[PDB]
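Drug present: R-bicalutamide.
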Amino acid sequence: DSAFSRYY
Amino acid sequence: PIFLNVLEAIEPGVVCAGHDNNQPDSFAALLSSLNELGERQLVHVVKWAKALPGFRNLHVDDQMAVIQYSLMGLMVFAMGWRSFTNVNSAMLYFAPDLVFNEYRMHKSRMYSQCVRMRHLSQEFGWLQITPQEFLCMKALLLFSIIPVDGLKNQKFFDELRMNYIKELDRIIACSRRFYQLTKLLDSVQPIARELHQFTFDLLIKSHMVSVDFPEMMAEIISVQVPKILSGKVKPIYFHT
Ligand SMILES: C[C@](O)(CS(=O)(=O)c1ccc(F)cc1)C(=O)Nc1ccc(C#N)c(C(F)(F)F)c1
């Protein structure tokens, strides 16, 4: 979903 | 010493803004470099975090939030450090290529929060603040902001936080000192709040004043930052 959760 | 062995080892090295110190200081010049530096520093705050003692305890969502929640307050804190160790708190060492003066502090339209942040850096010196004290204070800050709705895995967090403080009891080893350190850790939040306010507002008005937000920072500012400002997500203070 979200860009910060993606990168993590 | 293990816990410090760690924090020393994993401590991210200072990153640059890529800012142009040849071009005149202006609001928009200044604030497109602090959003880029924020994203840069955040990228170092992620790495840093993952490798922390027991941080892979947590539900990946709590791991994630806590970082987005505590990101600003940390950055300030190592600027609290960087300004103090490099320039003796005369100026703000956000980075080597973006050390701040009073003109920049004003051109950036961030003057208040910026005095506040030097005062912090001043209080780094006033108080004999050692580097190990700095690492575990900085470490602590990651676990300094929660939904008052609590976390998905709130029990791991309660206990994890308990230990990082226990580590901070030991760095001192007496209670006189703690009060001050705590007190300082507590002096981060009002600032990180004021900045969060400015950032938010700045995002909101971003299209109008020619200031560039990284495709990622806008998320955090628009989705996670506002939970803090609406009071859904609070700082954990030591005092009052
Ligand atoms: C204006 C802003 O760029 C906003 S941001 O970096 O996108 C940001 C977005 C979301 C956050 F939760 C925190 C910060 C910012 O505060 N930048 C910034 C960059 C570097 C440093 C340092 N060091 C700091 C400060 F924490 F020191 F103020 C602030």
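Lettering of chains proceeds alphabetically from A, tracking the sequence lines in order. Quick note: numbers on chain A are straight from the PDB entry, i.e. 1-8, in order. To match the PDB entry, the residue numbers of chain B are left as they are there, and the shown ones run 671-843, 852-918. The basis for the numbers below is simple: all heavy atoms, side chains too, and nothing from hydrogens, waters or symmetry mates. Counting starts at 1 for both ligands and their atoms, following the listed order.
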task = List the macromolecule sharing the largest contact count with R-bicalutamide, named according to UniProt.
result = Androgen receptor
inquiry  = So, with a 4.0 Å heavy-atom cut-off, what else is touching R-bicalutamide? Just the chain letters, please.
reply    = B
inquiry  = Quick one: what's the binding site of R-bicalutamide if I count heavy atoms under 4.0 Å?
reply    = B:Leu704, B:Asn705, B:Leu707, B:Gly708, B:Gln711, B:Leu741, B:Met742, B:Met745, B:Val746, B:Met749, B:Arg752, B:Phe764, B:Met787, B:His874, B:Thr877, B:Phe891, B:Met895, B:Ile898, B:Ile899, B:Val903
ask   = Considering only chain B, which UniProt domain carries most of the residues contacting R-bicalutamide?
value = NR LBD
message = Okay, next thing: UniProt's 17beta-hydroxy-5alpha-androstan-3-one-binding residues in chain B - which of them have a heavy atom under 4.0 Å from R-bicalutamide?
response = B:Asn705, B:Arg752, B:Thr877
